[PDB]
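Here is a PDB entry that includes voriconazole.
One-based numbering along the sequence shown. Computed from heavy atoms alone, side chains included, the values below leave out hydrogens, waters and symmetry copies. The header says X-ray crystallography, 2.0 Å. Note that ligands are numbered from 1 as they come in the structure, with each ligand's atoms numbered from 1 the same way.
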Amino acid sequence: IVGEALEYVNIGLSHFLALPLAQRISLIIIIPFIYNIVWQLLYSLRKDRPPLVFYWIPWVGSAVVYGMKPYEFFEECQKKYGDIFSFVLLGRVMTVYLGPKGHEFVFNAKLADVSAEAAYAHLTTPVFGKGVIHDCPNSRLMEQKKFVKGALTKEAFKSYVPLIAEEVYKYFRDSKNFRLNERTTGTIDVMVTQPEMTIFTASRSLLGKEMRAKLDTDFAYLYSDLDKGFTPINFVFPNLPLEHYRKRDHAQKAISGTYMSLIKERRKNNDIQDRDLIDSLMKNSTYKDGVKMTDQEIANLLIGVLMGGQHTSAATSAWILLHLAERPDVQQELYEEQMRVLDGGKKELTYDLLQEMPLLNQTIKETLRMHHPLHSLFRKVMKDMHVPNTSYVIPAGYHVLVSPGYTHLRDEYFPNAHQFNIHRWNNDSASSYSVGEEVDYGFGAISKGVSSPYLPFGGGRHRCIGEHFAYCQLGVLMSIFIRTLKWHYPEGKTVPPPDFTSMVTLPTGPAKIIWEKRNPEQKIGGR
Ligand code: HEM
Ligand SMILES: C[C@@H](c1ncncc1F)[C@](O)(Cn1cncn1)c1ccc(F)cc1F
Ligand SMILES: OC[C@H]1O[C@@H](O)[C@H](O)[C@@H](O)[C@@H]1O
């Protein structure tokens, strides 16, 4: 008889419940910790799963090392396990596929296999608002990208360039950080100046003069508050009863209400032209099933596009200034190109002359190689996926992670990858280009293959549509900085390390450079 063993099981359960509170709590942490380690050992035997990085603290996983030094985390994992490995991250299992085969696996994954929106909806919907980007089916997103891409034409860039130039010169004249009419040298924190210059130039060109005008008021404080809600904490705490979350929600309503006010005003007066992205979305925002975007969804889409382009672009111009501050040779080279292309400054900068400035564009390209703003791109796995040429199966409910920025820093693909060298792009200054066949997901033909080791703008259905706007904006900014200023580091200082815990891989603050006017007697006119 072993029914006596079943009696003692019941007896033991009854004695378990009688344990004093110090031991029941002690067991409350001892039991999961022990079972978590037991489970990892058994998992390591599965031949149809990638290796899983070992971790001590249940639920948390490798969150700390990944959050603070992700590329160092990937490099060590890659040496132990190779290019495919999983790790636990705050309750999720992330499967990483490093290198160009991983770009192909994740960026070209089938629509039914993976979902970006299920990975990101909690990050962006609380900031942007409902009904756009990740708060909608993929076919809706594909068409929103088509709508936005319709204000981003060559002829739009031709009119944006003088407007962006005006904003940069205004900033040089009026900002406390410069005041070029009264100061000939000064010190700036580039993580103060670049977010400001970026919002001013992106507002004037994409949003128009009215929304730019609002940035000269206390309304600008709403942008700061909404900006602060764009943070990785939303992956864990998207809504908490705190002032941070309520200033964010207030800003989203106030800002989108301001966009809707302008929109309803324009169509009240039939004042709908071809000036900015607001006009474009007012004329071209009907989905292919006949449904029109509402004014709320148009406003939420403007917020999302401006907020993403704000963070990637401002981080990138910060890094450009920081790399050039220790490279007066590159500043000199760029300056000579400006004098040649613009006939000593007697030519006005135009979008077409921007295309004749290869070294300037290679500097943006090289900065995006060394500082990809988004160190990791996620998808949630919706159907079990077989990893080709392996026995691995990534089950549904995992997440896949692709990191083109990690491959950007591999000597195998970019010799001396940790050295900033714009000439590695000689005869190849295009922001990107399809090396062969093309495909259309809804917003234009893009490269069909995504195995290039350089992918600053991603690829596949979720590929960036802001690339040409970003180059135009960054090119005008840097053209004007180069012609107007020389700059260098305070003594002893150098390029700062990246801060990987924020939404983009921005420089660790404070990152100060000292500027000096090239022409101390140059005056910037206007009121
Ligand atoms: C240096 C500047 C930029 C970089 C490096 C960059 C990079 C990227 C990358 C890597 C993706 C792919 C995301 C993924 O696969 O999960 C992406 C998507 C996207 N980006 Fe950008 N971007 C930049 C600027 C901009 C600008 C200026 C805009 C808007 C004008 C913009 C709008 C978008 C949009 C709408 C998507 C589509 C997201 C999706 O389909 O899921 N980006 N970008
Ligand atoms: C989802 C978000 C993101 N994805 C991954 N890691 C960090 C991130 F912030 C992002 O891809 C960033 N981004 C890309 N180009 C500009 N911004 C994004 C895309 C479209 C958008 F309308 C707004 C937006 F924030
Ligand atoms: O001239 C083409 C124009 O297309 C419109 O839809 C956009 O609003 C403008 O940004 C662009 O300049």
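- Location of voriconazole, all copies: ligand 2.
- Structurally, the main neighbour of voriconazole is the chain that the PDB entry identifies as Lanosterol 14-alpha demethylase.
- There is a protein heavy atom closer than 4.0 angstrom to atom 23 (C) of voriconazole.
- Short contacts between voriconazole and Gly304, defined as distances under 4.0 Å to a heavy atom of the residue, involve ligand atoms 21 (C), 22 (F), 23 (C).
- The entry's source annotation for chain A reads Saccharomyces cerevisiae (strain YJM789).
- For atom 5 (C) of voriconazole, the closest heavy atom belonging to the protein is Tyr120 OH, 3.3 Å.
- For atom 15 (N) of voriconazole, the closest non-hydrogen atom of the protein is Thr312 CG2, 4.0 Å.
- Distances below 4.0 Å separate heavy atoms of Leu377 from the following atoms of voriconazole: 5 (C).
- Close approach of voriconazole to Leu374 (heavy-atom distance below 4.0 Å) involves ligand atoms 7 (C), 12 (C), 14 (C).
- Protein heavy atom in closest approach to atom 6 (N) of voriconazole: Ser376 O, 3.9 Å.
- Neither the backbone nor the side chain of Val504 comes within 4.0 Å of voriconazole, counting heavy atoms alone.
- The shortest heavy-atom distance from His134 to voriconazole is under 4.0 Å.
- Lab note - ligands/ions near voriconazole (< 4.0 Å): ligand 1 (protoporphyrin IX containing FE).
- Nearest non-hydrogen protein atom to atom 20 (C) of voriconazole is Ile133 CG2, 4.5 Å.
- Between atom 17 (N) of voriconazole and the options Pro373, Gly308, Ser502, the minimum heavy-atom separation is to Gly308.
- Proximity of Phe230 to voriconazole is established by a heavy-atom distance of less than 4.0 Å.
- Less than 4.0 angstrom separates atom 10 (C) of voriconazole from none of the non-hydrogen atoms of the protein.
- Distance screen at 4.0 Å: atom 2 (C) of voriconazole has no protein heavy-atom neighbour inside the cut-off.
- Interface atoms of voriconazole facing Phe128, defined by a heavy-atom separation under 4.0 Å, are 23 (C), 25 (F).
- The site surrounding voriconazole, defined by heavy atoms under 4.0 Å, contains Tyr120, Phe128, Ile133, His134, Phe230, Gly304, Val305, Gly308, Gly309, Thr312, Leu374, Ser376, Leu377, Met503.
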